[PDB]
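One is the number of the first residue; the rest follow in order along the sequence. For the numbers below, each heavy atom of this structure counts, side chains included, while hydrogens, waters and symmetry mates do not. All ligand and atom numbering here is 1-based and tracks the order in the structure.
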Amino acid sequence: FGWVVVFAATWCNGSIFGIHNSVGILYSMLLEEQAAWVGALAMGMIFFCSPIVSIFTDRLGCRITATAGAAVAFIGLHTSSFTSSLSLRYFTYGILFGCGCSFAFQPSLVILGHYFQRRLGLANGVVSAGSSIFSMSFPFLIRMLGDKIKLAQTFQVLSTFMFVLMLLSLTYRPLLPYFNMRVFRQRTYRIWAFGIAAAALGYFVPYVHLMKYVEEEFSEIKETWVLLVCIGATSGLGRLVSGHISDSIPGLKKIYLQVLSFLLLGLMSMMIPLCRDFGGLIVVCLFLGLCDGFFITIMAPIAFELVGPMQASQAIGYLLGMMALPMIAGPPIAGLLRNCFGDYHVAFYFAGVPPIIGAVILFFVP
Ligand SMILES: N[C@@H](Cc1cc(I)c(Oc2ccc(O)c(I)c2)c(I)c1)C(=O)O
């Protein structure tokens, strides 16, 4: 019955981050029929509310919290269709759908620890790999829909994924039996969360500015899309094996194989500006995807390893809360160096440094 929960969490993570990762198409259509920050608000509200979501999880159960969050997300994403004013779309999709996604997603991570302890890394790896499949499908589905239906009906169609998520979150049967600062009482969690938050600043910069760099520098190449394939080809792969490998390494030594990611996640991050040809860029992006998958997958299992399963909910929620600010901050800062220095090179260097600082911080946790 654990794989039923794995399927439910896969649907959750995939739908939430496939609707968010495809936010450009719907709003491009809306312009065709200020606008930038509502998507950032929706994406960051998943992280900001996580400390709040942890308390509701601890009190009401993962099933109840996830079901309520998915219901709120469905309500927001559905009423976003009937809204004709942009101001109402800062609420219905911005804060309402955003908070719904946070309340739906934090229990999605927490529930996997109720069932798997020995193969928890494998379960999270499968969830992340399957979720990447959803994340690389929604961009297409909306572009099929737009050619036949308007944007409002597009929100209505996207709402049934939240409806199905609300139905599926009923499977979070709890086996294991309000501002608790007791999680911060552990120094290892503090240092680990600090390092993760530091790395998150430079984490999202490549997936935002890599396309712009390629279309600006490598103008002779028209088939740039293969790069997004390469990450998609490797990241999900990196999400699978790492999870399995996450089970082979016992205890806090697991953090080392996350540190190993960060350094490479940093190093390749400074290798895009150094690539004079295209094949080198593809090779670098392969390792970038692999390190992305490693960074994504190990996050939850290490929380259970450090703080246990009675406290993993608060640890995950607070970790996402601290992660919230750097993830939003990164790409805007990279755009600032882009505008100032005249190239993305300095942007990628400042994107690659924070992963290295995070690796240095995390190296001393074990
Ligand atoms: N999912 C998108 C964006 C994204 C990336 C990361 I790192 C996120 O933080 C996580 C992820 C898994 C965990 O177990 C924990 I604890 C925290 C989140 I929330 C979203 C991507 O593929 O990059």
I'm curious which macromolecule has the most heavy-atom contacts with ligand 1 - what does the PDB entry call it?
Monocarboxylate transporter 8
Write down the drug found at ligand 1.
liothyronine
Give the source organism of chain A as listed in the PDB entry.
Homo sapiens
Covalent attachment site for liothyronine:
none
I'd like to know which transmembrane segments of chain A, in UniProt's order from the N terminus, sit with a heavy atom under 4.0 Å from liothyronine.
1, 2, 4, 7, 8, 10, 11
Any idea which residues from other chains are within 4.0 Å of liothyronine, non-hydrogen atoms only?
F17, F47, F105, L109, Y203, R239, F295, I296, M299, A300, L319, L320, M323
